[PDB]
Peer 1: 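In this model we see fasudil bound to cAMP-dependent protein kinase catalytic subunit alpha.
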Amino acid sequence: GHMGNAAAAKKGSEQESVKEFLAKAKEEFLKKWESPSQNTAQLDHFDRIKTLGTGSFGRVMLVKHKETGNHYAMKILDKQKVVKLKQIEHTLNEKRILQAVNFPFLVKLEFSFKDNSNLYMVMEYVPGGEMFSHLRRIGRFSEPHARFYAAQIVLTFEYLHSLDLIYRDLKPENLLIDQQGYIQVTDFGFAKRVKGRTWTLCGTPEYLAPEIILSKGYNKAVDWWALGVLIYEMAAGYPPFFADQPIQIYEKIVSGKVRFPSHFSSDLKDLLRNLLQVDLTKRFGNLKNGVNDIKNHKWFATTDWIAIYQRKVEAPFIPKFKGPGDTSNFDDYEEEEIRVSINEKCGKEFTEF
Amino acid sequence: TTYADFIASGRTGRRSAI
Ligand SMILES: O=S(=O)(c1cccc2cnccc12)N1CCCNCC1
């Protein structure tokens, strides 16, 4: 067979240890899920420094804690705008997930609180910026470099899926690089507790699984599809399915055809054909052997999964870092006020926050 | 080339959710 006795025993033991870890992690998650933390700081504990990101999702600002001098990334949501955009449940659920999960590649919510006008999530500051920027700058990542990031996503989804959390928002724009060169996943607005199927059309065109496009009930296998898109884009510098307009992208996604750059290794192409599999009965991550079909694939043969988890692997790339508040890996944005009204707004809606 | 096609798509920048 493919493994002799020693290798088979070691792999089996490793896979059983993953099960044991995940069962404990689920126990710990569910305790915090059922009893969420609230109101662990306040606005005047922090100096506002700079806007790190802004969009329909709200704002994220670099802030400095006045007493420790520690920097953080503070997501600010306008309660009235959340209500207007019908994002109450997503906003509450994002914070509830972030305060309950614990994994080395998931951003840590250090504090959260609200005031008359806004909701605030104070997360660790991840100074390296988005993978997206580095990828577009360098062009493409070599296979070992892509593999280092991909392994972190595999482990993170293995963790999330064990908690029955579907992620749904994977793309380079949503992956940050920390000071040690490791990945941080931050955005949980599309994540959902789903043990079975769910139906919402959400995501980003290039990363949508065919079953989402086709208006099917779908499951955590959409995250494994998205991983295939991500690995492809990291290694090629462009995603597998693109076009001028989303509808043309969707036609390519559902077609069952994907083409690869000539520099992709055969191992990489084989993995990608099995992740970018339109047939759900054949997609890696959706079969009887679960995540192990991915983790045991030849393309990952050099990956020491425990060493990645323990953050003991030397990263291929360390972003430039000049100090605790350096923002050079983020874009510049016009700076807007943080208005706090004298009157409480939307109090009932956000009781749980 | 595929790269040139990517540039031509106009979708080389940050991509929003649907
Ligand atoms: O970089 S963020 O502003 C950001 C969010 C959360 C925590 C962060 C921590 N450090 C820097 C930036 C952070 N960002 C907003 C949405 C777009 N995707 C990437 C996350």
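The chains referred to below are lettered A, B, ... by the order of the sequence lines, with proteins before strands, and numbering in each begins at 1. Header entry for method reads X-ray crystallography, 1.5 Å. Just so you know, these numbers use all the heavy atoms, side chains as well, and skip hydrogens, waters and symmetry mates. First listed ligand is number 1; within each ligand, the first listed atom is number 1.
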Peer 1: What other chains contribute a heavy atom less than 4.0 Å from an atom of fasudil?
Peer 2: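 Heavy atoms that close belong to A.
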Peer 1: Would you mind listing which atoms of fasudil come within a distance below 4.0 Å of any non-hydrogen atom of A:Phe330?
Peer 2: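 Heavy-atom distances to A:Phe330 below 4.0 Å select 1 (O), 11 (C), 12 (C).
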Peer 1: UniProt domain of chain A most involved in contacts with fasudil?
Peer 2: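 The answer is the UniProt domain Protein kinase.
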Peer 1: Please confirm whether A:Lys75 approaches fasudil to less than 4.0 Å, judged on its heavy atoms.
Peer 2: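 In this structure, A:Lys75 fails to qualify as a contact of fasudil - no heavy atom is under 4.0 Å.
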Peer 1: Name the UniProt active-site residue of chain A nearest to fasudil and give the heavy-atom distance to 1 Å.
Peer 2: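 Heavy-atom nearest UniProt active-site residue: A:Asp169, 7 Å.
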Peer 1: Tell me which part of A:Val126 gets within contact of fasudil: side chain, backbone, both or neither, using heavy atoms under 4.0 Å.
Peer 2: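 A:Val126 to fasudil: contacts from backbone and side chain alike.
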Peer 1: Taking atom 13 (C) of fasudil as the point of reference, which of A:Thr51, A:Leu176, A:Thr186 owns the nearest heavy atom?
Peer 2: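 Heavy atom nearest to atom 13 (C) of fasudil belongs to A:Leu176.
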Peer 1: Any N or O of A:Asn174 that comes nearer than 3.5 Å to an N or O of fasudil?
Peer 2: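 Yes, A:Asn174 has an N/O under 3.5 Å of an N/O on fasudil.
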Peer 1: Can you report which non-hydrogen protein atom sits closest to atom 19 (C) of fasudil, along with the distance?
Peer 2: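 Checked against all protein heavy atoms, atom 19 (C) of fasudil sits closest to A:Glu173 O, 3.3 Å.
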Peer 1: Who's the nearest protein heavy-atom neighbour of atom 8 (C) of fasudil, and how far?
Peer 2: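 Its nearest protein heavy-atom neighbour is A:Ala73 CB, 3.5 Å.
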Peer 1: Distance under 4.0 Å to a non-hydrogen atom of A:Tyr125: what atoms of fasudil satisfy this?
Peer 2: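 This gives 10 (N), 11 (C) as the contact atoms.
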Peer 1: Can you pull out the closest protein heavy atom to atom 18 (N) of fasudil? Residue, atom name and distance to 0.1 Å, please.
Peer 2: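 For atom 18 (N) of fasudil, the nearest protein heavy atom comes out as A:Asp187 OD2, 2.8 Å.
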Peer 1: With a cutoff of 4.0 Å, is A:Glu124 in contact with fasudil, counting heavy atoms of the residue only?
Peer 2: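 It does; at least one heavy atom falls under 4.0 Å.
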Peer 1: What residues sit within 4.0 Å of fasudil, counting only heavy atoms?
Peer 2: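 Within 4.0 Å (heavy atoms), the residues are A:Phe57, A:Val60, A:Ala73, A:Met123, A:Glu124, A:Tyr125, A:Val126, A:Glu130, A:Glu173, A:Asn174, A:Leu176, A:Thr186, A:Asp187, A:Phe330.
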